[PDB]
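Co-structure: imipenem (open form) and Penicillin-binding protein 1a.
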Amino acid sequence: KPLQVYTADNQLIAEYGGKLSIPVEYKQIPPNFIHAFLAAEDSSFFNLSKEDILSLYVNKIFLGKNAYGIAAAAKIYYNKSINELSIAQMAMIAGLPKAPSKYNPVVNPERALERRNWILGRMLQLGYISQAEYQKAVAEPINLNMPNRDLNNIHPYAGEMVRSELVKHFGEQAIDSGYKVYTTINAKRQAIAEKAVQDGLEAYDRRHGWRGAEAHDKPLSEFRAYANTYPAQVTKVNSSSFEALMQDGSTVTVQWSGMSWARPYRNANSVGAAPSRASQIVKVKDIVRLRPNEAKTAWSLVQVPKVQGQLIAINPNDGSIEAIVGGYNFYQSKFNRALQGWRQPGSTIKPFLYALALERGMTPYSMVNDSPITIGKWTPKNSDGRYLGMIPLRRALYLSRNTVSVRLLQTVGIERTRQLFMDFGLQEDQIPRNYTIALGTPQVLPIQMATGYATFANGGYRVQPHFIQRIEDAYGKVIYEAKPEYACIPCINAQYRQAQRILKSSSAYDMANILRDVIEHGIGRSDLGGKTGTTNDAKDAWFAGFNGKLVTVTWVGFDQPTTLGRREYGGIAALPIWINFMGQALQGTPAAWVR
Amino acid sequence: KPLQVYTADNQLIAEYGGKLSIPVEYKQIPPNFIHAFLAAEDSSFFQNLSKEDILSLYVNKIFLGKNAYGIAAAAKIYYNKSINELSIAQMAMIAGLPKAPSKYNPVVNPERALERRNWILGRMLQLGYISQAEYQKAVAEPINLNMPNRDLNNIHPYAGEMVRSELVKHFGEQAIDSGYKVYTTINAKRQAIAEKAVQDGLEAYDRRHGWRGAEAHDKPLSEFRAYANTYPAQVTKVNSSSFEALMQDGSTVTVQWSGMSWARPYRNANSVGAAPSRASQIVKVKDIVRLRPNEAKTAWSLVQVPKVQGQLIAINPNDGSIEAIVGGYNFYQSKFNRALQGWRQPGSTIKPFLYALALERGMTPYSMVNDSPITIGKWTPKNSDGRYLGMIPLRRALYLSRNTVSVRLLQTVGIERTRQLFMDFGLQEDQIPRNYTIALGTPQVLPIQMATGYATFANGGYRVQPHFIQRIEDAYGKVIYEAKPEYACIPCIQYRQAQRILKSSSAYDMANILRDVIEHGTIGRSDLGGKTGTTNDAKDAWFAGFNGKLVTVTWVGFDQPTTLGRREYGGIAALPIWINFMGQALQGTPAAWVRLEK
Ligand SMILES: *C(=O)[C@H]([C@@H](C)O)[C@H]1CC(SCCNC=N)=C(C(=O)O)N1
Ligand SMILES: *C(=O)[C@H]([C@@H](C)O)[C@H]1CC(SCCNC=N)=C(C(=O)O)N1
């Protein structure tokens, strides 16, 4: 009866176990277990009387860690049936009822063993166990063999998105429901996004160079495989090749072509010279990451990036989350950068403020002033330190001119913009009450940016991102069906709630065409528009783009902001991920621009 | 549907409420409450449209802390309200709980609870769910907890608590949530008698030992509880012959000289000071005192909550049914149950067991025994009075509690046979040493075990098990447990035969020795047997006694082993409680004595 997660293509991707109860008939209980409970307590005034009353609770008793009853405890703690438990394990379970958190083997192992051994000592005294049984049982370690009750190995960020969001809003009882959650996640598009982010971050990583082995003279057993990287121990180093021991005991050779890319990393802005020998890259006893080819006939030295990234893709008509990638790989941590990654948008915020200039009567052709500006003490300068004078609004956006954005902010007013940013999705207490908000200094989430860019793809409507299509109970009854706010109700036909208009149709179409011009003046599609973003000191690289059927926002940055390096702008780091995802997601679909 | 506790006459004495859920129709929900849940988190991705639709699925299930599952259970548990009676602030408070019911709990962390609630109220304002007028009112509003008590145990507190604590001790908190109906062996008439006998008995000792001063001085009056017909008061004015005191209801009373003239100061366990002549000698302003009213009211008197403790345990000798149980002076003073958990030395109350084993080996109440000095290795046991009686009958040695005779009998019987019998009534091997001191009543015992022991004399040599549950009924009235005890005599009541641990003649001869000790060595009844006990330096006062239908054990002493005083003995401290109880418990019952069989 777990919480089951499906993709929009009816594939089960995840299963989340809640409170567990596995009832057993009383005659199925090994004698030593009942004895371990009979000996858990000093005295009973209900010794054969406790036996009759134990029979009424043996299946309901809270045994910590979502375990209700003896069988669920055997399963949760040891992955064993009640038959498989040892004297020591039976006494460990028998000691938990009194205080399952104070006596828990997971949180208090010391306190737990004190309790277990005493019960064993009291089992010995009662004649329940032999002296030999007691001697082994007391000497036995914790032996916890806790199975994973969170099956999430297909599209990890999609599965976790469901679990984590349910738990945040409805608490842990949300899992205990046994519901089937049918998401808006497209499994093909999700598989594409996962591969694209992985490739994008590795491309960035390799050009920034080899940072050395992740560990030296440490046990290989202590490392784990992920993102098609396999831990290995270097055993032999040759002039052009090295030998490594895999986690299965097999010895592999990595030839020159497999490691030659390994120029040493110096900093974000510097790599050393191409390596002239294998000895400059690896040491014997080093823990490296290898990747095989499809045939497994050749191996290469690979590297997990230190840089991070994310992708979020939504339908601009209804806000359906089609694909979501929260980091390089889910094994690293459960942290989802699309939903929780607060970062500065920089220039990706500019189309929002320029669309507000269009609301006021300006056209993409209207002349704007790119001349020096000073407000109070602050002198907003341009990233190139140049001033272009009278230029068209569209050129000013394309070139991301800070003085123009600052001047546009005064002409349109701060509150009017803050309100629009709030309309676009953005958080009220995250949007400052100053002029820096024309530069993309407020913190945003990639999902908010996707939501805001949808206003351009949909004709000026505010959509709300959503991941649930429908929910069923365990019996098959549909208990929830998504009723999103639609930008275009007749577009579903190719139904009920109409989304609110946040921009004039003409402002949205004008902005969409500027972004299309911005994309075409750098794949084989004429229905895409997009905007790059780079924060100060290249701490962030963004790409926010779309067609009329899909909005995609990509981001690249370090979790602890450090520069990505000069040369690492939006169009260089984030855009290739977007291009790779968009090109494959929109492959063999007609042109879909704005209505 | 709570855990229900019943007396043997099918009357409800306790209700223990566990996990609570009061489901509601979604239309019955105030919109402001739904809005509070919408303002609880910054971002919803299921402007909070879809969360409102999904909320309905979880609204009656969400764990809200303190056994509350769903909104209505939370409104009841925290505020003793229905959802439609909650203020905007209280709605914001509950909506703050789902994320971390223990990190935001108003009981556990009131500052984190307040911070979270105000954030939610702030968001309700920003989102336009509440007007600034509503917001300003709501943030200034305090926590205002009004938590009802869901553990109802105000009739026979030690009886109700026995069930709750014992079910939790063996089965954990799931035992309370079961909703089972526990039909106990407790006799309500007798339980009521037991409570008063212990209270009267302890107040009698306490008084003889003098006024030890107010329980507190310059401490908040709201931190004290009324119990055992004693009400905490704050002394506000001290006159020459009287004193004024502030009661918890907010009223002020006057206690005249009559109600405080008794207050002789406690000097030590053996000394009481000079009778007071003025109020200042007894009380000071800001003192926290205990007062007692009357049958109606009119007059209040200065009373004293005893430092000394006691207990009473009454069991049926045929099947071990627990009829009456008092764990201390008052359960509201101490939750601790001394009958079940109070390990103490029995002293002379263990002697009848040893003397019964000597009768088992062929001696009679008349066999001559030597009360004379003895040395067992490096140990010389002495008689408490430092007197030696020479050659005397066994029964005189038992009545007078001759340690030297006890030691000689232990040599005749053997330590092992003695230890085996001690164990036959719940005594742990670990709790009984393999030495000659066991004859002097040195092992630590529980009153419940001594009661079980004395039932061997009352029943004719059989081993019975103390039991407090007759049957268990599920929430839907089905009998899910029926007690199957071991009966000493089956025709006497209907299946299990109890194991004989003592020869019929030994049990019967001991019973008559105990009857003699009670009729000539100290109630209008002749079917009674019993033995007093007084440990060294009077650290314990005991009285174990019976008739053929009821075995009662009473104990008096300080929880921290301290002398009851030179002059205090079992016969003076524990025996009067036993008397008061037995006389009243056995009223209108025909004579009931022990049966002999060859
Ligand atoms: C927007 O992202 C910023 C803006 C906040 O200053 C500018 C900077 C760049 S990159 C050009 C760097 N200057 C070279 N001398 C962009 C961009 O779109 O990435 N816009
Ligand atoms: C039993 O409790 C003890 C025995 C084990 O020593 C004796 C002592 C007394 S009191 C007699 C006065 N002694 C001091 N001079 C009793 C008793 O039961 O009261 N039995």
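First the proteins, then the strands, lettered A, B, ... as listed; each starts at 1. Values below: all heavy atoms of this structure, side chains included; hydrogens, waters and symmetry mates excluded. Whatever order the structure lists them in is the order used to number ligands and atoms, beginning at 1. The header says X-ray crystallography, 2.5 Å.
Counting repeats, the structure shows imipenem (open form) at ligands 1 and 2. By chain letter, those with a heavy atom nearer than 4.0 Å to imipenem (open form, ligand 2) are B.
The residues lying within 4.0 Å of imipenem (open form, ligand 2), counted on heavy atoms, are B:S348, B:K351, B:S384, B:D385, B:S401, B:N403, B:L440, B:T532, B:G533, B:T534, B:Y569. If you number the atoms of imipenem (open form, ligand 2) from 1 as listed, the ones under 4.0 Å from a heavy atom of B:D385 come out as 15 (N). The B:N403 neighbourhood of imipenem (open form, ligand 2) comprises atoms 4 (C), 5 (C), 6 (O), with distances under 4.0 Å to a heavy atom of that residue. Residue-ligand proximity, B:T532 to imipenem (open form, ligand 2), at heavy-atom distances under 4.0 Å covers atoms 18 (O). If you check which protein heavy atom lies closest to atom 2 (O) of imipenem (open form, ligand 2), you get B:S348 OG, 2.5 Å.
The authors modeled a covalent bond from imipenem (open form, ligand 2) to B:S348 OG.
Residue B:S401 has at least one heavy-atom neighbour below 4.0 Å for each of these atoms of imipenem (open form, ligand 2): 7 (C), 20 (N). With hydrogens left out, the protein atom closest to atom 16 (C) of imipenem (open form, ligand 2) is B:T534 OG1, 4.0 Å, a heavy atom. Among protein heavy atoms, the minimum distance from atom 13 (N) of imipenem (open form, ligand 2) is reached at B:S384 CB, 3.7 Å.
Set against the non-hydrogen atoms of B:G533, the atoms of imipenem (open form, ligand 2) under 4.0 Å away are 2 (O), 18 (O).
Counting protein heavy atoms only, atom 10 (S) of imipenem (open form, ligand 2) is closest to B:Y569 CD2, 3.6 Å. Atoms of imipenem (open form, ligand 2) lying under 4.0 Å from at least one heavy atom of B:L440, given by number and element, are 5 (C).
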For imipenem (open form, ligand 2), output the ligand-protein N/O contacts shorter than 3.5 angstrom; if there are none, return none.
residue                        : atom   : partner : partner atom : Å
imipenem (open form, ligand 2) : 2 (O)  : B:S348  : N            : 3.0
imipenem (open form, ligand 2) : 2 (O)  : B:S348  : OG           : 2.5
imipenem (open form, ligand 2) : 2 (O)  : B:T534  : N            : 2.8
imipenem (open form, ligand 2) : 2 (O)  : B:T534  : O            : 2.9
imipenem (open form, ligand 2) : 6 (O)  : B:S384  : OG           : 3.3
imipenem (open form, ligand 2) : 6 (O)  : B:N403  : OD1          : 3.4
imipenem (open form, ligand 2) : 6 (O)  : B:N403  : ND2          : 3.3
imipenem (open form, ligand 2) : 18 (O) : B:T532  : OG1          : 3.2
imipenem (open form, ligand 2) : 19 (O) : B:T534  : OG1          : 2.7
imipenem (open form, ligand 2) : 20 (N) : B:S348  : OG           : 3.1

